[PDB]
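Structure of voriconazole in complex with Lanosterol 14-alpha demethylase.
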Amino acid sequence: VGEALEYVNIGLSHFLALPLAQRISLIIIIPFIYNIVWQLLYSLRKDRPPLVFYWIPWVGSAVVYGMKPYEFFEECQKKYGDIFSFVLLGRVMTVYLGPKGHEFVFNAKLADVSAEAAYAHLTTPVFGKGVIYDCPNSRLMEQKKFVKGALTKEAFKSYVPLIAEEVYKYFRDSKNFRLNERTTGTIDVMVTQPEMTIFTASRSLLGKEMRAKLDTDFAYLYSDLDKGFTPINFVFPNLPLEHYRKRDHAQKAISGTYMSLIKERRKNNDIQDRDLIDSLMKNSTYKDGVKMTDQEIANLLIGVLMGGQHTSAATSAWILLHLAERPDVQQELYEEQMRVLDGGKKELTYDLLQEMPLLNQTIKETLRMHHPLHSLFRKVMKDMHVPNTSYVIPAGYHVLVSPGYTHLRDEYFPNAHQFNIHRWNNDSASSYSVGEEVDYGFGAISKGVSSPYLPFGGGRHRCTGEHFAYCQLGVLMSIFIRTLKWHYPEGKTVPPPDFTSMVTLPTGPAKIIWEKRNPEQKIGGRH
Ligand code: HEM
Ligand SMILES: C[C@@H](c1ncncc1F)[C@](O)(Cn1cncn1)c1ccc(F)cc1F
């Protein structure tokens, strides 16, 4: 029976003869049907985690994961346990929930997983080339080592009065406050916190020159570049549209400003220990002798500042929002300010910040309820066996880990959805290496990453901005608490999170009503 093969060919010929309606109709029915037939077959493998079923091909569970990622995970965890895959915008994501997932992903061997393959398409078009994820891991490890050189205790000692002054200036001059002229007012915390975060971070990490730029129309380039930081970069990283060209123009104009300051400092040999720019100028030689270019130094600055912008601004937005319905906590924090700072007669110092455990537990608890990053990912480079299982995660998959999900589990945090800074009494550290330690190129960090509380990640990709974030959030909240009481308009409460930015932001407009503790207090200086 070669007669059959002839009819194969005849059928192929008649196929290409169909009316164009039926040919496009067939162009959609065939992949859909195949997609379901493939999942059903896939769901038989014993060496693959369960795969979340989905109707639309390529799209996958993208809509559900994107809008309600922790709800998606809880549903999947109830059905399939702690390991399961789901299709997402063309990728397969293998999720591993809970502390053993933290260990599987955050401590995966450098050979098995790649962060830069996962992230580069999100960050490289915003930050620029050659740094962070547009470079091999060992370069990244050392860039973190260079940034850490400016994030020392002694640096934080000089940043505290800089950050504090910036907050007072903001209270004095910003339209949102004007404390010298109003005793009460209403703000949207998603306007005020992003602005306060960029002003305080610029002044301390970037220096006075870069801070001064933000009082000009130059500040619009930060807005344009900020807009370019979006999950759309995973599908359309470059499209010949205005959004993208404004992004690229901002990246070039902003990195040009940094290089101009860098080259002017070197031209005058004016390199002190003022800011992170001084620091990187003195210290950006890799261990194989290669030196970072002024452009790579500038792109590193953008990426570090931009990442710290979003996480910190989100977090201080959430602190304000939780305290607006917790007058008890504001009272509690105010008393600690009065006791640590001798009734407000002692100036805030970095040392005194460490003696304010309730303030630091408020940051800590906010990073529990509202982790700014619901998902961290790697691309799997070599097949991985899931220990004590029959599961194998093949190369070309992605592993996804979500400590923010574990932060919200009653099993690890009793009453996980109640905001209680006292769940941290006797434990106000920003995190804790609770045992051994290892160095990946930027300093010794906890060897284990099994803690259920992992707001700053762990392993080779762990955050290097933790202590800067606490310093900055600490000075800002110390001043907010000693200066203002605040509350919600009638009937309003803590807004639910918006996860689509991939930074967990309050849903707007998130407004609070502030009023001066001392209506007669005046903020000195010029305006
Ligand atoms: C509330 C504040 C912050 C939180 C909760 C936070 C959280 C995190 C987390 C969870 C990671 C691990 C990423 C991964 O494993 O994929 C990370 C990495 C990182 N963060 Fe932060 N971060 C914060 C603030 C900052 C700040 C202020 C800076 C800079 C001053 C910064 C710079 C970095 C850097 C350089 C990395 C390393 C990424 C890598 O190795 O690939 N972060 N952060
Ligand atoms: C890649 C990015 C991210 N954003 C959102 N969901 C997951 C993510 F991994 C992020 O980790 C965010 N971030 C972490 N600490 C501060 N910012 C990041 C890290 C380093 C950096 F230099 C810039 C930067 F954006």
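When a residue number appears, it is its place in the shown sequence, counting from 1. Side chains included, hydrogens not; waters and symmetry mates left out as well; all remaining heavy atoms used. Counting starts at 1 for both ligands and their atoms, following the listed order.
- For voriconazole, the full set of ligands or chains is ligand 2.
- Less than 4.0 angstrom separates some heavy atom of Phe127 from each of these atoms of voriconazole: 23 (C), 25 (F).
- Among the atoms of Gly307, some N or O lies under 3.5 angstrom from an N or O of voriconazole.
- The presence of a protein heavy atom under 4.0 Å from atom 2 (C) of voriconazole is ruled out.
- Closest protein heavy atom to atom 21 (C) of voriconazole: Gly303 O, 3.9 Å.
- When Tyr119, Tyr133, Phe377 are ranked by how near their heavy atoms come to atom 20 (C) of voriconazole, first place goes to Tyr133.
- Near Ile132, with a cut-off below 4.0 Å to any heavy atom, the atoms of voriconazole are 22 (F).
- Among protein heavy atoms, atom 25 (F) of voriconazole sits closest to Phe229 CZ, 3.4 Å.
- Contact annotation: for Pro372 versus voriconazole, there are no heavy atoms closer than 4.0 Å.
- In terms of protein heavy-atom proximity, atom 7 (C) of voriconazole is closest to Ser375 O, 3.4 Å.
- Nearest protein neighbour of atom 5 (C) of voriconazole, counting heavy atoms only, is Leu373 CD2, 3.6 Å.
- At a distance under 4.0 Å, no protein heavy atom can be found next to atom 10 (C) of voriconazole.
- The PDB records the source of chain A as Saccharomyces cerevisiae (strain YJM789).
- There is no protein heavy atom closer than 4.0 angstrom to atom 18 (C) of voriconazole.
- From the protein, the heavy atom lying nearest to atom 15 (N) of voriconazole is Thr311 CG2, 4.1 Å.
- Near voriconazole, within 4.0 Å on a heavy-atom basis, the structure shows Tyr119, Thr123, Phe127, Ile132, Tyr133, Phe229, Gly303, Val304, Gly307, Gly308, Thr311, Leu373, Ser375, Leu376, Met502.
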